[PDB]
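In the model that follows, one finds GM6001.
Quick note: numbers on chain A are straight from the PDB entry, i.e. 266-347, 368-776, in order. Counting convention: from 1, in listed order, for ligands and their atoms alike. If you're wondering, the header gives X-ray crystallography, 1.8 Å. Values below: every heavy atom of this structure, side chains too, minus hydrogens, waters and symmetry copies.
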Amino acid sequence: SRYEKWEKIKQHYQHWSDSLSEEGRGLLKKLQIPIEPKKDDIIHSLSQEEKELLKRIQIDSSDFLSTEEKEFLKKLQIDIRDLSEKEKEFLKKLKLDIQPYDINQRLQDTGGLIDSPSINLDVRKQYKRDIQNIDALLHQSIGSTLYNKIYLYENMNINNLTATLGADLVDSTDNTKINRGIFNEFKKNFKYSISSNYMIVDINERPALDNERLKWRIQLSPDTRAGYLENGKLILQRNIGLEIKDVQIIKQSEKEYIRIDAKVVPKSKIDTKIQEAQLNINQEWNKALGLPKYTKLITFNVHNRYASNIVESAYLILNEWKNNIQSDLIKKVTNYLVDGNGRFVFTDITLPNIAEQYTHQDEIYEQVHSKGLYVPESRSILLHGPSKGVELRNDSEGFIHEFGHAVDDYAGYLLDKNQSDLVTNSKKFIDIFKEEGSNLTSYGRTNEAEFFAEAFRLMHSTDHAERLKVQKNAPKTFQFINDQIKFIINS
Ligand SMILES: CNC(=O)[C@H](Cc1c[nH]c2ccccc12)NC(=O)[C@@H](CC(=O)NO)CC(C)C
Ligand SMILES: [Zn+2]
């Protein structure tokens, strides 16, 4: 029964609990409840000019802020009151000062690569101290008597794993039901999972919050280390692997959920699978694209809870890429990327924590997290699995947008090989952007490079209506891009 189970586990950990120092207990509380930035500090730091600037900014308009970041900045605005390049620059620096201190989020965002230079040095070092301390606290395993007598439970927002499927998971017609087509897409390549942070799990299953439609049931290993937390919870050691055993729809009080049955396994077992897959997909695509033996183009940087889908979807994404773009274009541009040690990075950690970005972007205010990125300095395409591109149907479309940036790069390279610029920085394209730049997607308005990439993506849609739309509504752009493709292919 529930309370017998709770009693047994609490008692198992009673000596551990009683042995905790005040610092140890304080750290565990710090872990459960992140420390929010103080609005007072921020506002006092601002000058009259910036206060004047912040007062007028339409925060909703920002494309590069999270909902939570927007709320906080909205509250800042509210406390002060009582689209342009200059405004974007100010927000990019200010976004730095508004991050909560959140150990589990730092671990998830970095996949445990906590030296990544994506947060200020002082806080970066404090995270490291705290994580080392918590690691040392968690020395006691669940054991051989309890591991197969108890399940542990975790409710989860599907957007943590895939916001792309999360958009459609709940039946649009009926709150209470799960879309079974979307369910099947979720389940298809979900075979293993990694926890890079400290899982906080319930001893007895609890009702999910409204935005949580995933209900994990987890079997621990006898060797899994953990600590008891008040109110019938365990905190699990970080860096564990999970094998997915079963994924099914369940119904609790007339409301449908996805049950995920998982079993804890050594993380090394899963990491080995990811590394083997990485070699296999490179071997396949080296042969397909006629790349030299031993070329390392594709990288799996995979550390989080939808791990196997990052891997499996990379195959599908590259297939869609090859199926929708001219072969000569794909071969010439990819060879150019490889010549500069470029990578296709598929990842479930945030993009500022990817070396192909941060090695070339020292300033945090210049680092970007997004669905995807092209980094000319490393000739790399980065694609973030869990997020959803706002105007995209699927992840393949995001990859093709980034490949459009690589096309822009190579086309510009061919024009002047010794000083290599983007073709979107040419006079011809700048004039075209200023004329037609509002005629396609909302995001395509951002600047020349994004307009090119968005037009390129739409021109290679599986929806022929979308290619037509570009030709009709942005004819100069359509022609320009086809001219660049011909230019590259005839080189
Ligand atoms: C996750 N939501 C999104 O779709 C963000 C939102 C966004 C708009 N402007 C920004 C500036 C900085 C960071 C994020 C954003 N946009 C992107 O991911 C696009 C970034 C891009 O152009 N990469 O080449 C790629 C997409 C078209 C596939
Ligand atoms: Zn882009």
Ligand numbers or chain letters for GM6001 = ligand 1
Write down the name, per the PDB entry, of the macromolecule bound to GM6001 with the most contacts.
-> Lethal factor
Would you mind running through GM6001 and noting each atom that sits below 4.0 Å from a heavy atom of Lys673?
-> 1 (C), 2 (N)
Are any of the N or O atoms of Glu739 closer than 3.5 Å to those of GM6001?
-> no
With a cut-off of 4.0 Å, which atoms of GM6001 are near a heavy atom of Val675?
-> 2 (N), 4 (O)
Using a cut-off of 4.0 Å, enumerate the other ligands and ions near GM6001.
-> ligand 2 (zinc ion)
Numbering as shown, the atoms of GM6001 that approach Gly657 to under 4.0 Å (heavy-atom distance) | 18 (O), 20 (C), 21 (C), 23 (N), 24 (O)
Which of the Zn(2+)-binding residues UniProt records for chain A come closer than 4.0 Å to GM6001, counting heavy atoms only?
-> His686, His690, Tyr728, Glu735
Report yes if some N/O of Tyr728 lies less than 3.5 Å from some N/O of GM6001; otherwise report no.
-> yes
Counting from 1, what GM6001 atoms have a heavy atom of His654 closer than 4.0 Å?
-> 13 (C), 14 (C)
Is GM6001 under 4.0 Å from a heavy atom in the side chain of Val653, in the backbone, in both, or in neither?
-> side chain
Nearest-neighbour protein heavy atom for atom 25 (C) of GM6001, which is reported as residue plus atom name and distance = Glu687 OE2, 3.6 Å
So which protein heavy atom does atom 10 (C) of GM6001 come closest to, and at what separation?
-> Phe329 CB, 3.9 Å
Applying a 4.0 Å heavy-atom criterion (strictly less than), which segment of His686 is in contact with GM6001: side chain, backbone, both, or neither?
-> side chain
For GM6001, which atoms sit closer than 4.0 Å to a heavy atom of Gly683?
-> 28 (C)
Looking at the deposited structure, to which atom of which residue is there a covalent bond from GM6001?
-> none
Determine, using UniProt domain annotation, which domain of chain A makes most contacts with GM6001.
-> ATLF-like 2
Atom 17 (C) of GM6001: which of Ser655, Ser727, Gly674 has the nearest heavy atom?
-> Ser655
Residue portion contacting GM6001 (non-hydrogen atoms closer than 4.0 Å) for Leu677 | side chain
Atoms in GM6001 with a heavy atom of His690 nearer than 4.0 Å | 24 (O)
Nearest to atom 7 (C) of GM6001, what protein heavy atom do you find, and at what distance?
-> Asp328 O, 3.2 Å
Heavy atom of the protein closest to atom 18 (O) of GM6001 (residue, atom name, distance) | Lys656 N, 2.8 Å
Which residues does the binding site of GM6001 contain at 4.0 Å, with heavy atoms considered?
-> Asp328, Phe329, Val653, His654, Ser655, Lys656, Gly657, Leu658, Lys673, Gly674, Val675, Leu677, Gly683, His686, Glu687, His690, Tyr728, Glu735, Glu739
Short N or O contacts of GM6001 with protein, under 3.5 Å, listed by atom name?
residue: GM6001; atom: 4 (O); partner: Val675; partner atom: N; Å: 3.2
residue: GM6001; atom: 18 (O); partner: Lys656; partner atom: N; Å: 2.8
residue: GM6001; atom: 22 (O); partner: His686; partner atom: NE2; Å: 3.1
residue: GM6001; atom: 22 (O); partner: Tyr728; partner atom: OH; Å: 2.6
residue: GM6001; atom: 22 (O); partner: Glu735; partner atom: OE1; Å: 2.8
residue: GM6001; atom: 22 (O); partner: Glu735; partner atom: OE2; Å: 3.3
residue: GM6001; atom: 23 (N); partner: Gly657; partner atom: O; Å: 2.9
residue: GM6001; atom: 23 (N); partner: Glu687; partner atom: OE1; Å: 3.3
residue: GM6001; atom: 23 (N); partner: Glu687; partner atom: OE2; Å: 3.1
residue: GM6001; atom: 24 (O); partner: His686; partner atom: NE2; Å: 3.3
residue: GM6001; atom: 24 (O); partner: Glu687; partner atom: OE1; Å: 2.5
residue: GM6001; atom: 24 (O); partner: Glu687; partner atom: OE2; Å: 3.1
residue: GM6001; atom: 24 (O); partner: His690; partner atom: NE2; Å: 3.1

